[PDB]
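Looking at a structure with progesterone today.
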Amino acid sequence: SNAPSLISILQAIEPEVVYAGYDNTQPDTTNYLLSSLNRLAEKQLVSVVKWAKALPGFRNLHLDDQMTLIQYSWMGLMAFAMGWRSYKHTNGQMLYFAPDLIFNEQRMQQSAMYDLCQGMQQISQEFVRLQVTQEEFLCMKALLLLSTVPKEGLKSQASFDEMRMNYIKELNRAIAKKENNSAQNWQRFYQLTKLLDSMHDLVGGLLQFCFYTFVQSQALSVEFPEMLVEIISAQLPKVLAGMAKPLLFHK
Ligand SMILES: CC#C[C@]1(O)CC[C@H]2[C@@H]3CCC4=CC(=O)CCC4=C3[C@@H](c3ccc(N(C)C)cc3)C[C@@]21C
Ligand SMILES: CC#C[C@]1(O)CC[C@H]2[C@@H]3CCC4=CC(=O)CCC4=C3[C@@H](c3ccc(N(C)C)cc3)C[C@@]21C
Ligand SMILES: CC(=O)[C@H]1CC[C@H]2[C@@H]3CCC4=CC(=O)CC[C@]4(C)[C@H]3CC[C@]12C
């Protein structure tokens with residue numbers, strides 16, 4: 001309580017932005033865009049793992065819970081942070097994958113996943129509409145890691161549930177700082193948690209494309225780096241068996 005707030009810790013451990021290493025002089029083509037996003041995903045994946053290990057409460061989970069949460073959440077976390085970066089850097093008009101890999105209309109079209117790009121942009125436009133604050137975002141991003149679990153339950157169910165309640169309490173703390181009335185805070189919590197819930201449907205779409213391009217990678221000439229291959233190969237069978245379920249705030 002005089003302890004450093006959870007928010008101050010989340011601010012301290014928030015990763016720095018990852019560069020794609022993209023050559024912007026190349027023409028916009030499907031396999032160079034998709035292979036480059038996968039190379040970016042590989043670098044963001046090490047960032048995410050490092051961030052997750054520092055997240056207060058996370059290391060108290062069983063190691064199999066930790067790995068499972070990561071497998072189930074990586075796409076959503078990266079998609080959610082992209083919504084944030086697109087909001088802060090382009091007011092939701094473009095997809096800010098990295099400072100050196102920004103998608104405009106032409107690149108979204110050449111990516112072969114135009115509709116999904118639009119999905120991702122709609123998330124960014126909801127950040128813009130709510131004017132999400134940095135403190136809200138960081139709490140929401142933690143909660144997103146804790147929002148897809150095994151149907152069978154986790155090995156550390158009590159520790160997980162306590163951790164989830166602590167991050168929800170911190171999101172409400174971040175909201176109440178603006179010093180609005182209580183009813184306004186309720187509304188804000190509702191809007192932010194709707195935004196979180198809306199990630200699940202987007203992610204399902206993103207997963208469908210990713211899994212397809214993964215299975216067809218040779219024929220499409222779309223490169224998947226080693227760690228991405230590992231996490232997709234692990235996740236794909238569990239999703240197929242329907243082992244994961246979303247934890248929704250709203251029915
Ligand atoms: C209708 C139909 C059809 C299909 O021809 C079979 C699977 C489709 C694929 C599935 C999974 C899929 C998911 C999407 O969300 C957008 C499109 C999509 C497709 C299609 C597609 C077309 C081109 C690529 N490239 C070049 C990487 C990738 C996917 C159309 C696909 C191939
Ligand atoms: C082979 C294999 C495998 C996997 O089970 C799927 C994805 C792996 C992930 C890749 C992406 C990845 C990137 C890293 O930087 C270190 C580890 C790592 C992993 C794995 C992993 C192991 C332990 C944790 N903890 C305890 C937080 C987190 C991640 C091993 C993963 C999950
Ligand atoms: C090549 C491919 O299948 C695409 C479809 C969805 C794409 C991901 C969409 C979410 C995303 C956000 C980032 O900021 C890193 C790149 C990623 C992680 C994208 C990597 C390439 C993906 C996985």
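Residue numbers count from 1 along this sequence. Both counts, for ligands and for their atoms, begin at 1 and track the order of listing. Side chains are part of it too, since the values below use all heavy atoms of this structure and drop only hydrogens, waters and symmetry mates.
All copies of progesterone taken together correspond to ligand 3. What binds progesterone (ligand 3) most in this entry is, by the naming of the PDB entry, Ancestral Steroid Receptor 2. Site of progesterone (ligand 3) with heavy atoms closer than 4.0 Å: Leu34, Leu37, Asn38, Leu40, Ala41, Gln44, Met75, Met78, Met82, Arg85, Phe97, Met113, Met120, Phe209, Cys210, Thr213. The source organism field of the entry for chain A says Ancestral Gene. Geometrically, progesterone (ligand 3) and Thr213 share a nitrogen or oxygen pair separated by less than 3.5 Å.
Close contacts of progesterone (ligand 3) with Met113, meaning ligand atoms under 4.0 Å from a residue heavy atom, involve 5 (C).
With respect to atom 21 (C) of progesterone (ligand 3), the closest heavy atom belonging to the protein is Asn38 OD1, 3.3 Å. Protein heavy atom in closest approach to atom 5 (C) of progesterone (ligand 3): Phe209 CD2, 3.6 Å. Protein heavy atom at the shortest distance from atom 23 (C) of progesterone (ligand 3) is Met75 CE, 3.8 Å. Here the heavy atom of the protein found nearest to atom 10 (C) of progesterone (ligand 3) is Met82 CE, 3.6 Å. What sits closest to atom 16 (C) of progesterone (ligand 3) on the protein, heavy atoms only, is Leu37 O, 3.9 Å. In this PDB entry, no covalent tether of progesterone (ligand 3) is modeled. Taking atom 6 (C) of progesterone (ligand 3) as the reference point, the nearest protein heavy-atom neighbour is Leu206 CD2, 4.0 Å. The single protein non-hydrogen atom nearest to atom 15 (C) of progesterone (ligand 3) is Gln44 OE1, 3.3 Å, given as residue, atom name and distance. Atom 19 (C) of progesterone (ligand 3) is not flagged as protein-proximal [any protein heavy atom, distance under 4.0 Å]. Annotation: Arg85 places an N or O atom under 3.5 Å from an N or O atom of progesterone (ligand 3); distance criterion only.
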Anything under 3.5 Å between an N or O on progesterone (ligand 3) and a protein N or O? List each pair with its distance, or write none.
from	atom 1	to	atom 2	distance (Å)
progesterone (ligand 3)	3 (O)	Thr213	OG1	3.1
progesterone (ligand 3)	14 (O)	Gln44	OE1	3.3
progesterone (ligand 3)	14 (O)	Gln44	NE2	3.2
progesterone (ligand 3)	14 (O)	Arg85	NH2	3.1

